[PDB]
S.K.: 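Following up with a structure containing echinomycin.
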Number of protein chains: 2
Amino acid sequence: XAXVXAXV
Amino acid sequence: XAXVXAXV
DNA sequence: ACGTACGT
DNA sequence: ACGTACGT
Ligand SMILES: *C(=O)c1cnc2ccccc2n1
Ligand SMILES: *C(=O)c1cnc2ccccc2n1
Ligand SMILES: *C(=O)c1cnc2ccccc2n1
Ligand SMILES: *C(=O)c1cnc2ccccc2n1
Ligand code: NI
């Protein structure tokens with residue numbers, strides 16, 4: 001859920 | 001992610 | 001419900 | 001001259 005590299 | 005000239 | 005982010 | 005960055 002976090003987006004820091006993928007954002008899902 | 002390393003910062004030695006951009007640091008991202 | 002998954003990998004992105006740069007230039008001296 | 002070099003890899004760090006999280007939860008909905
Ligand atoms: C977001 O909160 C989150 C948490 N765990 C995960 C596991 C795998 C893919 C995506 C995820 N996203
Ligand atoms: C993004 O691509 C990415 C990959 N690995 C991680 C590990 C821990 C926190 C955030 C991350 N983001
Ligand atoms: C940092 O760890 C890192 C890794 N690879 C990259 C590729 C392109 C731009 C920035 C980057 N940062
Ligand atoms: C910073 O500007 C910079 C430019 N290119 C690089 C290539 C390899 C390692 C570190 C670098 N830092
Ligand atoms: Ni470059």
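Naming: A, B, ... by sequence-line order, numbering from 1 per chain. Hydrogens, waters and symmetry mates play no part in the numbers below; they use all other heavy atoms, side chains included. For this deposited structure, the header notes the method as X-ray crystallography, 1.6 Å. In this summary, modified residues take the one-letter code of their parent amino acid or the letter X; atoms added by the modification are disregarded when contacts are counted.
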S.K.: Point out every copy of echinomycin in the model.
M.R.: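 In this structure, echinomycin can be found at chains A and B.
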S.K.: Can you point out the other chains with any heavy atom under 4.5 Å from echinomycin (chain B), by letter?
M.R.: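 Within the heavy-atom cut-off of 4.5 Å: C, D.
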